[PDB]
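The next block holds one structure in the form of C-alpha cells; read it before the comments.
We're numbering straight along the sequence, starting at 1. All values below come from the heavy atoms of this structure, side chains included, with hydrogens, waters and symmetry mates left out. Structure method, as recorded: X-ray crystallography, 1.8 Å. We count ligands from 1, going down the list as the structure has it; atoms in each ligand are counted the same way.
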Amino acid sequence: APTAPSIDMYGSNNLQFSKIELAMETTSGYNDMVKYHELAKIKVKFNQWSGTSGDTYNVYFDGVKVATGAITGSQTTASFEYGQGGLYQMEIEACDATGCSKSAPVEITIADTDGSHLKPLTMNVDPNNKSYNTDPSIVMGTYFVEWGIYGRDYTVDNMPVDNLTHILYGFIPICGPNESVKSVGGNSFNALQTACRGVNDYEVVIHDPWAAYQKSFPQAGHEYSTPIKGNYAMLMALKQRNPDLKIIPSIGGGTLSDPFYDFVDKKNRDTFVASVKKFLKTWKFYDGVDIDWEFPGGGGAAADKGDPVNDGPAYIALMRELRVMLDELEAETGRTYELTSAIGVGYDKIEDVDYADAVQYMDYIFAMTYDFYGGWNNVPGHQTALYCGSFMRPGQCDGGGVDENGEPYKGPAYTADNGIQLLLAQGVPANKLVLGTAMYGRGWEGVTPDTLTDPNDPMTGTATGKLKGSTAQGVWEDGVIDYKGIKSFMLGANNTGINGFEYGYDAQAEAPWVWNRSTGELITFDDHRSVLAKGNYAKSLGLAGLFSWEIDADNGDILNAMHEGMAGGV
Ligand SMILES: CCCn1cnc2c1c(=O)n(CCCCC(C)=O)c(=O)n2C
Ligand SMILES: CCCn1cnc2c1c(=O)n(CCCCC(C)=O)c(=O)n2C
Ligand SMILES: CCCn1cnc2c1c(=O)n(CCCCC(C)=O)c(=O)n2C
C-alpha cells in the first residue's frame, strides 16, 4: 500500500552500470583509469512523490530478488552489488506492514568485458571484400591497429570479419625502458609515460585509452552513459556476432619491444606474466596473447640492446611461463586461450632462438615474411618475396658467395622461403607456422635508369632516399605506402600503371613492383599474383595458414587473394 516507486533515470546514471570502472574524461595512469570489480556497484534513485513511502524496498532483476533496504522518506537511493553482466528488467517494490507496490519494469544494463550486455556488431565492410568458404581450420589472420581510427579512419566495423579467423590487436606496450618509443616522435612516448604513472615496470598498459575505450562510436550505438566505448566495446560486440573469431592482443612490436630485453631477469617476467593475467581477466573478449618481441638477440629498434646468448632462452622461458598462466585461466573460465608470437625471419634472428623448444608451448608462430628490404637504406630489393630475386648476386641466395666488395655473405638472403625453411630445419612443425602477407609497400626515391646494372630490373639500382608522398596517397610515414594507395595511384584499374608508374613482376622471386622511371620512385609490395603464390606455397608445405599486416591498408584485394590462393594451390 505504499506508493509504487518511480525510477529517477538521470539520477541513476541512466541505468548503465558495469563490472569495469573506466575513466572517460581524462588521461592518467593505467591503474588510475581502469579497475575491474567482481561485483558491479549498482546505485538506483527512486522517488515516491505522492502518498506514503513505506519502510522497506526490494529490487528484482527478471523477477528474481537481488537487494533490499530501508525507505525512510520520499526519495531513496538503493545501493547494492551484482556479479553478472547483461541486460535485466528491473522492478523496485516499496513495502509497508500492509503490502508492497512494485514499479513498472525498466531495462538496466550491467556491462561486462565479454560483451554479454551488447548486441552483435553492425558491420560496414567495403564490398570489394568477397565472400569465401575457406576451410575453418586454415588460419586467416590480420593485425588491426589501435591508431587506425584517426587519419586512416578505419574502425572495427570496417573489418571483413567473416574472412578472418584471428584478429591481432596492435599494440599493447610494456611499462619500463622505452627509448625506442621516444625516437619515433609524435605523442607515442608521452602517451606511454602518462599510462605508466603509478604502474610497476614490466606490466602491460593500454597505450591510447581514448581509442581503446573512451571514444564514442555512433555506428556502435554508443551513448553518453555507455560504460565501455572505443575499439574495445566494438570488439566485444564483434565477438557477439562471430563467437569463434579469436581476438588476441599483440604485446610489443617494433617500437615497443625495449622492455623485453630485461626479461633475462625472471622477476621481470613474473611481473609481466602476472600483468597479462590481470589484463585478460579485465578484458574478457581477448582470447590469448601474442608476443611480438622484435627481436631476441637484437637487430631491431633498440640499437644498444640485444643479447644473443641469453635472449633466446629467456624467450622460451617466457612462453613456458605464459602457457602456465594461460592454463590457469582455462581452468578458471572453461575457455581455450591461445599463445602466439610474430617473429623475425632473417637467418640472424632465427639463429638466436630454439623455436622448436619455444613452439611446444605455443599455438602459432606468425612468421613476419615482409620488411626484407625498405627505405632504411638505399639498396632496393623485394620486401616480401617468397624466393630469391633476379637482382641477387651469385651465392647470395644461400649465403655461399660474396658481395660487391668481395666480403662473404654472412647467411642466406632475406626471402620468405629461406625463413620458413630455417624454422622447419630447427624442427618447428609446419602446421604451427603462419605465412605473412604485406598489405603495404615499402619504397624509395631516386632509383632512376642510370643507376641500374640490369636495365629491365629496377631492383638492381640505387636509391637516393625513402619514398615521399602524402597521406592522401596512403603514405603515412616516409618509405611506406598502403596497398590501397598503390592500387589507386600507381597501378590503376587495369594494373598496367598510372601517373608515370609501370608495373613489373619478378617471376623467380614471386614479387611485384611499380616503378616511376623519372622520379625513380620504386615500390615493392604484395599483389594478387604474389599472394596466390604464397597461398600455393603455404598449402604445399602444410603451413597453418596466412596472416597480413595491416588490415586498414587493404582495399579487399589482398585478403581476397589470401583466400583464393589457399583454395587454389596445386
Ligand atoms: C577507474 C575508474 C574510476 N575513476 C574514473 N576516473 C578516475 C578514477 C580513479 O579511480 N582515479 C584515481 C584512483 C586512485 C588510486 C589507484 C591505486 O588507482 C582517477 O584519478 N580518475 C580520473
Ligand atoms: C594519431 C596517430 C599517429 N600515429 C602514427 N603512428 C603511431 C601513431 C600513434 O598515435 N601511436 C600511439 C600513441 C598515442 C598518440 C595519440 C594522439 O594519442 C602509435 O603507436 N603509432 C605507431
Ligand atoms: C617498425 C619496423 C620497420 N623498420 C624500421 N626500421 C627498420 C625496420 C625494419 O623493419 N627493418 C628490417 C628488420 C629485419 C627483419 C629481418 C628479415 O630479419 C630494419 O632493418 N630497420 C632499420
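Matching the molecule at ligand 2 against venlafaxine, tanaproget, duloxetine, propentofylline, obidoxime gives propentofylline. Going by contact count, the macromolecule most engaged with propentofylline (ligand 2) is what the PDB entry calls Chitinase A. Atoms of propentofylline (ligand 2) lying under 4.0 Å from any heavy atom of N187, numbered from 1 in the order shown and given with element: 15 (C), 16 (C), 18 (O).
Short-range neighbours of propentofylline (ligand 2) under 4.0 Å, ligands and ions only: none. Close approach of propentofylline (ligand 2) to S188 (heavy-atom distance below 4.0 Å) involves ligand atoms 13 (C), 20 (O).
Atom 13 (C) of propentofylline (ligand 2) is flagged as protein-proximal [any protein heavy atom, distance under 4.0 Å]. With atom 5 (C) of propentofylline (ligand 2) as the reference point, the heavy atom nearest to it among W476, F189, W210, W147 is part of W147.
At a 4.0 Å heavy-atom cut-off, propentofylline (ligand 2) touches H207 through the side chain alone. Scanning the protein for heavy atoms near atom 1 (C) of propentofylline (ligand 2), the closest one is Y150 CD1, 3.8 Å. Residues with a heavy atom within 4.0 Å of propentofylline (ligand 2): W147, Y150, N187, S188, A191, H207, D208.
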